[PDB]
Colleague: 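Model contains nivolumab. Questions to follow.
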Amino acid sequence: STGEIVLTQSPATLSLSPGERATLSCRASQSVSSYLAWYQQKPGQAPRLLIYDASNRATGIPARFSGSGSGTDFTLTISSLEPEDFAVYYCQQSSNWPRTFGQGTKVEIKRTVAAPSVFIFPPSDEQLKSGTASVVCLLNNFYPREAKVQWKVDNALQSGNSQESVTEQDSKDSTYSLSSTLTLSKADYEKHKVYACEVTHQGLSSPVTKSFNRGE
Amino acid sequence: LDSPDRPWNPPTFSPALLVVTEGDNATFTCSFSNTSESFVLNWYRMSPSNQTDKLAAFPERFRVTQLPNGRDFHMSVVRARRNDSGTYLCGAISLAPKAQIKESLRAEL
Amino acid sequence: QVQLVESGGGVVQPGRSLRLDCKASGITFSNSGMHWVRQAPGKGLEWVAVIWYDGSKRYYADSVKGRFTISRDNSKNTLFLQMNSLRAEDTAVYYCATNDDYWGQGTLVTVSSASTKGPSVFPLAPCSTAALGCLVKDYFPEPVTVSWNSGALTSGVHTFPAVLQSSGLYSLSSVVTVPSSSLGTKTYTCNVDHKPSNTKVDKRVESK
Ligand SMILES: *[C@@H]1O[C@H](CO[C@@H]2O[C@@H](C)[C@@H](O)[C@@H](O)[C@@H]2O)[C@@H](O[C@@H]2O[C@H](CO)[C@@H](O)[C@H](O)[C@H]2NC(C)=O)[C@H](O)[C@H]1NC(C)=O
């Protein structure tokens, strides 16, 4: 009897300059009438209501934010993007229980393409006195966000033993940075010589590899 | 309900038609039974084509004063011109993000 | 001057229970329907539950129905979330919010068997410009904070979001890029703070 109303937001990411017009879409899996709200969330902060019931601005929300639609198709419009407006936006239906959010659209600063600067770091001697080796590969200050990192150990492609992490868009140059950490036990670390990080990115005309030999 | 919030009653605007001759003061009573302390009260005027004009507001020719009873307010035009004939009403607006507005029934001047 | 404050967050082992409080001030609490909303690290918003201003109705998301129970005490301005049979995937920031959209600032609930532990801070030694940093490894729970030179070094700093390791411990890197020519003249130290364990580490990072 009860259904889950799925809210699909698009695009996942809108890349735009300050002052441009932003248009965000939300489509509901079944009619929601006008019970559709839009929220803004900045990192480390609670969400904040912008638009409720499809088209009303919340108290104190500036006039550049407007909403429209009904039934299953809804639009949030930011007429001229302010630098405060680059953030994640969620839609939420209040037509039925359970209440549901969309998965969110990120509004990011659009920017010229920039290749990463790649650095590799062997494990510290201090860490190796413990039982473990972490090898860290840093991709600094690139755009767009999509970057591929592959670890090679004596040219063997690795799988399952690295975890990566990406920063939020930099407020000064609008780039992203990424760190990939490969962990092995000391015993397996000492079974091999050449530790390589191979990076693929739109700004690199061919993959770039940073390497070291254990021992120097 | 459909709403998980407590319903509230719209303000009442009286008298349903006030008749005063020129140069004098005319005064309506907006009676709003609040449940929160977080609202504002607006005094509106409807043109013949139902377009709205915000005359005054509490908190701040057209005056709005808040009675000590906690409930009532008095909306008073001073020295009434006859291009003032027509339609005036009051409405309460909540201050929460999801603002709600309830309007009074309609009176004639 | 309207304020929603969640309390009761923290660490809880899987299968066990935890109760959240939300204290409201600046509103007539008993007029407001109340919600819980949660957000798992790096994920989207997830509605949890609602209770009528009345308590006359309660609804729940599929993922928590029966394990969680929402309630309220309209004579003490507080909203409760009783959470039972907690699992790792219940780890999240939990927000309370009114139906008219006032939001609390959230409290972190971590569901894990791990016990509190400070980080080991390892150097990322520098090898034009140079990169260097600190590996902030094997701590629990979130969060840590990192600064450089007691806050005097901010330009060029990237402190990465933590990752949850398959061991149950968190790990995080912080890096900065500097002029290669500064490597022999400037000192660079990590300032790593992990409140749950009262850990305050300063790690000097230098060329090897
Ligand atoms: C109903 O409202 C009255 C009046 O108050 C509001 O005060 C601010 C919120 C303002 O911005 C406007 O919304 C209204 O004027 C409340 O009575 C007041 O109580 C306080 C308590 O100390 C007192 O200082 C004021 O003088 C009172 N004013 C009047 C006109 O009586 C009243 O408490 C509200 N009722 C309920 C149930 O909340």
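Protein chains get the first letters and strands the later ones, always in sequence-line order, with residue 1 at the start of each. No hydrogens, no waters, no symmetry mates; every other heavy atom, side chains included, goes into these values.
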Colleague: What parts of this PDB structure belong to nivolumab?
Modeller: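 All copies: chains A and C.
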Colleague: Could you tell me which macromolecule makes the most contacts with nivolumab here? Its name in the PDB entry would be great.
Modeller: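 The main binding partner here is Programmed cell death protein 1.
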Colleague: Which one, C:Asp54, C:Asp100, C:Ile51, C:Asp101, leads in non-hydrogen pairs under 4.5 Å with chain B?
Modeller: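 Top count of heavy-atom pairs under 4.5 Å with chain B: C:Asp100.
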Colleague: Let's test your reading of the structure: which of B:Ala99, B:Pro7, B:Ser3 forms the most heavy-atom pairs below 4.5 Å with chain C (nivolumab)?
Modeller: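 That would be B:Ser3.
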Colleague: Return only the chain of nivolumab that leads in heavy-atom pairs under 4.5 Å with chain B.
Modeller: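 On heavy-atom pairs, the top chain is chain C.
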Colleague: Counting only non-hydrogen atoms closer than 4.5 Å, does B:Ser38 touch chain C (nivolumab) with its backbone (N, CA, C, O), its side chain (CB onward), both, or neither?
Modeller: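 When you check distances to chain C (nivolumab), no heavy atom of B:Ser38 falls under 4.5 Å.
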Colleague: Which bit of C:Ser30 comes within less than 4.5 Å of chain B, counting heavy atoms only: side chain, backbone, both or neither?
Modeller: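 Both backbone and side chain.
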Colleague: Could you list the residues of chain B near nivolumab? Say, heavy atoms under 4.5 Å.
Modeller: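 Judged by heavy atoms, it is made of B:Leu1, B:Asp2, B:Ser3, B:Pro4, B:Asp5, B:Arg6, B:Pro7, B:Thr35, B:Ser36, B:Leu95, B:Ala96, B:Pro97, B:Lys98, B:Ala99.
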Colleague: Which residues of nivolumab, by chain and number, have any non-hydrogen atom less than 4.5 Å from chain B?
Modeller: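 Using non-hydrogen atoms, I find A:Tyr35, A:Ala37, A:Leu49, A:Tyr52, A:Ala58, A:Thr59, C:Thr28, C:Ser30, C:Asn31, C:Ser32, C:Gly33, C:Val50, C:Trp52, C:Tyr53, C:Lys57, C:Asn99, C:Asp100, C:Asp101, C:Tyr102.
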